[PDB]
Amino acid sequence: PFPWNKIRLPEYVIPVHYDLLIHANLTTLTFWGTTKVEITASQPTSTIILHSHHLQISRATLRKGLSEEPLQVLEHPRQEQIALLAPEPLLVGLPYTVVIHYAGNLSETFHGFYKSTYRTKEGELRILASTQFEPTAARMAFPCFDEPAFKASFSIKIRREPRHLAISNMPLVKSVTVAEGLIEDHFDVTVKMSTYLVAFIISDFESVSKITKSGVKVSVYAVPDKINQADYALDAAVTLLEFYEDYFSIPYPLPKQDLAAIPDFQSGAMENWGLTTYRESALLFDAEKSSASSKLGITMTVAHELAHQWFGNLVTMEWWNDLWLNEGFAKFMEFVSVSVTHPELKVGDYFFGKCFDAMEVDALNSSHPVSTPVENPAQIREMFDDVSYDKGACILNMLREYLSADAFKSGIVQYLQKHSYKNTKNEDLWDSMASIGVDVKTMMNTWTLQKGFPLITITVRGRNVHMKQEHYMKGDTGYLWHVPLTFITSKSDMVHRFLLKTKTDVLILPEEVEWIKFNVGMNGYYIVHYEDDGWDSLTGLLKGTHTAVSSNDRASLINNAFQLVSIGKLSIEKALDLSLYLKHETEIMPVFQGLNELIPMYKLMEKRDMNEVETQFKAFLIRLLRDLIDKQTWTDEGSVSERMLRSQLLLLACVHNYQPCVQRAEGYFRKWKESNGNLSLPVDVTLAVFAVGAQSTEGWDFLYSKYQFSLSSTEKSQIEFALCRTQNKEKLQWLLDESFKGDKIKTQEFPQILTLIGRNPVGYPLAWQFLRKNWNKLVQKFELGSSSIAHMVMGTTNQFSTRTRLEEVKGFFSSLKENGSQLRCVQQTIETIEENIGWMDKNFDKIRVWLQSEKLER
Ligand SMILES: *[C@@H]1O[C@H](CO)[C@@H](O[C@@H]2O[C@H](CO)[C@@H](O)[C@H](O)[C@H]2NC(C)=O)[C@H](O)[C@H]1NC(C)=O
Ligand SMILES: *[C@@H]1O[C@H](CO)[C@@H](O[C@@H]2O[C@H](CO)[C@@H](O)[C@H](O)[C@H]2NC(C)=O)[C@H](O)[C@H]1NC(C)=O
Ligand SMILES: CC(C)C[C@H](NC(=O)[C@@H](O)[C@H](N)Cc1ccccc1)C(=O)O
Ligand SMILES: *[C@@H]1O[C@H](CO)[C@@H](O)[C@H](O)[C@H]1NC(C)=O
Ligand SMILES: [K+]
Ligand SMILES: [K+]
Ligand SMILES: [Zn+2]
């Protein structure tokens, strides 16, 4: 019988130091290790439980300090634990070293100690071996006390062949020849840290480097054929690292930081201390072929991972229930940092957007509080979602606006200083912020310990402004938040603030107003509804003088109008009437928000027998933006904002067959193709151009023939997108089969390819079938409940709208039993489908008839 029956490890055996030897064979795909960990026991025990997953342990011994003893090894593969059995008890307070020799196979997934491949520009296959342990995979590389609060120092030794280069968290102290054809690289001992942050990579990478003003050596690593795309990320890393050292008032503790581009990577990037890892697409920039969105993306990702060096590495959450302490803060700092470091990106314009994303999931019963209990690996992995990231960021933005920016800054600095090299709970952050009436802790508990967000309802009767709060949920709570409300009026540009702490309250204006708008700049995780003549007043404002409020305010009105349709407070008709203001809009955020609210309506239709209204609805959309579409140049000119807007509108108009866009596109593609790819296309039109070109066999085959050889993450992305738009079912199967096989398109792309095909009007049946027939191998490759699996579940089902379809979805996921039926994402699609059924049963006919009335304009 295994002597320990909990998922969590015992509390009373604590490691202080690991000494890790790793010898990998990149030709036989095998590895051998020797882990030594120094421990002490606070209670007496002759059993030591630690984590191990898929390692074959050959031998385990216990050292006293001279004296050595063999330990009996027991295995519990479900708990992912081994029991080491001592012949004598451990004496309390005395030091012991546990020594374990074991072996493994390089993982073929994207986690643990795993295999990654690439092609040389001369066509030769190349293997490297990299790591990804967050949250629970460290234990697949080396046996350990694999929970984030057992922090320890690490001394890492990698044995390898001369032709390879090894890198890890810390600098290389020395390289020792241990046998003919075998070198041992010794890395310097780390600072105290969590096991999930250990990293190592064995490759033939090349590097470029730059020294910060503070003496940190920053380096980017990539494969030899792509190292000339590292320059932009290197400049960015230096600037951002310098920024944070100043902002947090705590220098970066390590002598070097490396940023490595991995050719096979499941997430976008990872914060391992001193050795941050990235998808190639999240790190490498090509001056001539990369997009504005990709440049924006590299900067933010680097910003994010370097933020983690303080938030996550230096100060770490005690347990994964409080993961948002790492991920919410990192996501937020992206915006804090990059808006000083790269003001030309104007990233603050886009902050709002994440908040609305979170609200899509958070408005459902299947959401969870920011801070919420989890126990097993799949549960822990599911914390890496939009609540921990995006709501975590949003509520911090909210707290920040509520104290000064300086006060906020002071709190986080005291917090980082006090908890340096340690672990925090949710309550520790609040004690810090509470020590800079004002009660931050009660306030921030409402935002972290209960799910969802409030609807604030505004009633104006003369000078009295009645504010009311209740819990927003799509189909009892009595939940209450402390909401920092902001607002502006027709009489002053000055922003007014009210802390609504109660179900209702009232303020008195010094004079009556033509109009009033709440949640200014959308710095608040809540939505607003206006009673009486309120929305007609706001709709009249956007139709007469839209620039009376900001872009961001316009975007928030659009979103809230449609969110309120979904719970019955506003009619679909009044919201679409508001949409009409977009005829005159010019700014990226409200145009994109409109689209975010309107495209999904035709998406639901596309999956039904509804072609008359689908077509009317799409005509209306293009007509709504037609002026802004016709005003776009087929160039790469302007700000990042202008470019992203350009690229999206051109794609949109061409996908909906607006004939002037299409003919131009056809023409660009013909000349491109007839030069055999030699002509340079403007990057911003290339999506639109490839999408049109891929509608012919000639064009699709041609496009695919360039994918083989491309080195540009953007160009590959653009080709992927275009090929997935084909209406030939045999080609959509191929793409699905191939990316899954991973040889001609890499499997890291499969999730998104599966989603784009699920979005294809004639592809959705194929994508839903493929996910079902291939579930087990996909779960093995990506893990339950990773984001990837989550994105696949929702990407293939969340646009369904019928009961027949709901029963399909329910029946499949139920059959999976212990292998997927408890997944949070499955509950989320189900409730999404359920909301789709009712939204469409109510509004379908209303839209049909509204589209007709809106031609009493002709
Ligand atoms: C590494 O992979 C090999 C081969 O895929 C594993 O060895 C096999 O184990 C299976 C299943 O128990 C046996 O039926 C086979 O006969 C084995 N093949 C060989 C060549 O030994 C091996 O277990 C893996 N290592 C670890 C730790 O899991
Ligand atoms: C990994 O395993 C290979 C295959 O056994 C090792 O093989 C060396 O390389 C070639 C390929 O077979 C042989 O001709 C050599 O003679 C083998 N070793 C030597 C010293 O000559 C390879 O060295 C191993 N790599 C690691 C890192 O352990
Ligand atoms: C939010 C993005 C800008 C980048 C993001 N990376 C991170 O959050 C890292 O800080 C995470 N700590 C890495 C991670 C992601 C998924 C599973 C395990 C581990 C990612 O999506 O990978
Ligand atoms: C909301 O959540 C809980 C947990 O799954 C459940 O008991 C309850 O049925 C849910 N409410 C509705 C309307 O489904
Ligand atoms: K400073
Ligand atoms: K969960
Ligand atoms: Zn992160």
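Note that the numbering runs from 1 along the sequence shown for the chain. Every number for a ligand or one of its atoms is a count from 1 in the order of the listing. Heavy-atom basis, side chains included; hydrogens, waters and symmetry copies ignored.
The drug located at ligand 3 is named Bestatin.
Lab note: main contact partner of Bestatin (name per the PDB entry) = endoplasmic reticulum aminopeptidase 1.
A heavy atom under 4.0 Å from Bestatin is present in the following residues that UniProt lists as binding substrate in chain A: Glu134, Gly268, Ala269, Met270, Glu271.
Residues of chain A that UniProt annotates as binding Zn(2+) and that have a non-hydrogen atom under 4.0 Å from Bestatin: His304, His308, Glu327.
With a cut-off of 4.0 Å around Bestatin, the other ligands and ions picked up are ligand 7 (zinc ion). Heavy-atom distances to 1 Å put the closest UniProt active-site residue of chain A relative to Bestatin at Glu305, 3 Å.
Residues touching Bestatin within 4.0 Å, heavy atoms only: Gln132, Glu134, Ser267, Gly268, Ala269, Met270, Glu271, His304, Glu305, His308, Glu327, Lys331, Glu334, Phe384, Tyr389.
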